[PDB]
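Below: the structure, in structure tokens.
Protein chains get the first letters and strands the later ones, always in sequence-line order, with residue 1 at the start of each. Excluded from the calculations below are hydrogen atoms, water molecules and symmetry mates; all remaining heavy atoms, backbone and side chain alike, are included. Header entry for method reads electron microscopy, 3.1 Å.
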Amino acid sequence: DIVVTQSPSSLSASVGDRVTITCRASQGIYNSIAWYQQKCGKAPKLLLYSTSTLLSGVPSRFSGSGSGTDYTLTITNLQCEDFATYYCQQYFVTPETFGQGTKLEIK
Amino acid sequence: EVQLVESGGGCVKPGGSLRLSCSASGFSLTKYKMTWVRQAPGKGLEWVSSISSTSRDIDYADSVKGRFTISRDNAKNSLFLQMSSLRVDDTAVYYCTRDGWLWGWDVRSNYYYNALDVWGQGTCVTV
Amino acid sequence: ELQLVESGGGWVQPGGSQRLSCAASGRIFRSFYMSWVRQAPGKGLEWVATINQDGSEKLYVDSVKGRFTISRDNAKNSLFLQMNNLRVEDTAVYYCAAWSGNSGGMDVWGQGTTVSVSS
Amino acid sequence: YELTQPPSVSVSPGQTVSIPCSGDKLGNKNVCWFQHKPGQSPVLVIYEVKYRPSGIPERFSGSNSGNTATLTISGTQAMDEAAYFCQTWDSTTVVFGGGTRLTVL
Amino acid sequence: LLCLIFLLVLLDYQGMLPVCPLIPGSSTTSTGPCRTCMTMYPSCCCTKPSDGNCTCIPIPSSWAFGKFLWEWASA
Amino acid sequence: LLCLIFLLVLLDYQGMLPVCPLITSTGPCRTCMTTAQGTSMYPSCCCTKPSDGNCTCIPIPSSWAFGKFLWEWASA
């Protein structure tokens with residue numbers, strides 16, 4: 001019931017660069033957004049939860065920010081492993097709506 | 001190592017039925033709320049269903065509500081998703097995830113939500 | 001307290017196999033991480049393996065990765081290390097260690113068994 | 001991952017010594033110090049950067065400055081003559097130091 | 001006695017009794033040594049012997065003592 | 001009620017109630033141990049970090065965690 005828009009649809013960046021992905025919820029989810037990374041034909045892996053907490057095995061390059069309805073995922077340094085599709089999901093209230101997904105390509 | 005492995009995925013005639021069996025190794029399903037997330041070919045992730053730690057809070061997505069049936073087995077440490085009357089639009093890769101750890105009585109406010117910390121491997125269901 | 005006793009260490013031909021068994025003397029053994037640490041002759045301590053309380057999380061050093069298998073019988077209060085395809089450099093005194101809840105490290109140790117893998 | 005210790009240190013019969021332990025970013029890791037007398041099982045001396053288990057004498061103390069851990073023994077006696085190993089985890093594998101055979105004249 | 005029980009219940013409902021959960025055996029949150037709180041809400045932590053880091057779990061905000069008693073009597 | 005109070009006091013004495021020692025001084029966080037029934041570890045610290053503060057990991061008392069916490073709460 002919560003429309004969680006994710007932008008941009010796709011973006012290219014150099015081998016070393018800072019990339020920001022924006023996620024805007026329909027209504028306030030109160031810092032309950034999570035960011036997942038899905039590589040080429042693999043199960044998505046949780047990168048961030050609670051908008052700030054990293055997960056074990058996740059590089060420190062990924063970070064999260066924002067509050068209320070607008071949240072951002074920032075990758076300060078890129079690498080070949082960072083080619084995937086990133087999804088933002090709100091788990092503030094059921095149903096757990098995911099984002100549309102952003103395709104990240106290294107230029 | 002925390003891991004989930006699902007099965008029961010394959011080609012199915014429209015209007016048929018499949019049952020997905022997601023076992024877990026390295027941990028236990030007894031105190032975790034389990035979730036199903038599907039991904040249509042060329043589309044994005046989509047929540048399907050979620051079952052509480054003691055099968056009290058059952059939630060289904062509005063697209064698959066009424067047809068699907070999620071059910072856990074903590075003694076066998078295995079989640080299950082019985083899919084009934086599969087439409088041609090239900091073809092997707094289904095992942096069984098782990099959403100929230102229960103501490104206390106089984107209410108939605110007694111969980112520690114880490115937002116699907118460990119994902120399964122994904123079983124393809126083609127209609 | 002908790003007392004650990006190692007057994008099953010002895011001479012074995014290179015490429016052979018051994019099963020070192022660490023018998024505990026308490027029911028608190030089931031509540032501790034159990035690790036195997038070896039001290040080779042003329043060298044210092046070297047970690048070998050670690051297993052959690054339930055036995056579902058087994059960790060090994062890269063030197064014995066795949067060759068060794070650590071497994072515990074909580075009901076029998078024992079901790080076994082099965083060494084398969086041993087090598088000349090696996091000669092060492094092996095100690096089992098208990099990560100007790102009253103310390104941040106492994107503060108319970110056994111006597112140790114002198115595995116001598118040589119021809 | 002490598003922990004670098006001196007091969008051996010010299011102690012007066014009642015003086016204080018400090019066994020160092022080099023490493024890569026040891027300031028963000030827990031360093032446990034053991035005491036392995038020859039012919040005896042290792043004895044945990046310090047289980048945190050600076051915290052001692054029950055029964056260990058108060059003479060032992062721990063510190064962690066920068067990328068260097070340190071085990072300080074004040075008022076060392078003849079019963080401290082042993083090898084001291086600093087132990088820390090790299091990612092999931094515990095790593096011991098090369099050993100510092102304390103020598104008390 | 002009864003008044004003390006009711007006062008404890010009232011303090012537990014408001015989350016003023018920090019009886020903290022049993023830390024899960026399998027937590028995937030990235031952490032470090034306990035002296036570096038990388039996570040922060042008041043949390044109960046134990047040093048994990050596997051990776052050497054700390055596994056933490058925040059104190060329940062609704063009924064900490066009640067939840068702990070329920071989980072103790074459920075096993 | 002008396003039986004419940006006696007059971008709670010006994011659990012407090014045995015160290016079965018891990019109540020945070022907060023009413024500071026950083027302390028050790030000992031290794032994780034599982035309880036008698038369950039795969040969940042028993043907590044050993046009470047790490048808390050304010051918004052603009054530092055780590056305060058005070059270890060959970062073993063003798064009387066709940067009793068000591070209540071005494072500290074009353075004294076403060």
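Per PDB records, the drug at chains A and B is named GC1102. The chain that GC1102 (chains A and B) touches most here appears in the PDB entry under the name Large envelope protein. Under a 4.5 Å heavy-atom cut-off, the other chains found next to GC1102 (chains A and B) are C, E, F.
The entry lists chain C as heavy chain of HBC. Per the PDB record, the organism listed against chain E is HBV genotype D3. Measured as heavy-atom pairs under 4.5 Å, the chain of GC1102 (chains A and B) most in contact with chain E is chain B. At under 4.5 Å between heavy atoms, the residues of chain E in contact with GC1102 (chains A and B) are E:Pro21, E:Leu22, E:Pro24, E:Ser26, E:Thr28, E:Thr29, E:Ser30, E:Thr39, E:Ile57, E:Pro58, E:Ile59, E:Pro60, E:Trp63, E:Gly66, E:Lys67, E:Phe68, E:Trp70, E:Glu71.
Within 4.5 Å of chain E, counting heavy atoms, the residues of GC1102 (chains A and B) are A:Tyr49, A:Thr53, A:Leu54, A:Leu55, A:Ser56, B:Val2, B:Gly26, B:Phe27, B:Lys31, B:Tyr32, B:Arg98, B:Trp101, B:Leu102, B:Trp103, B:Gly104, B:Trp105, B:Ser109, B:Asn110, B:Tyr112, B:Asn114, B:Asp117. Recorded in the deposit, the name of chain A is light chain of GC1102.
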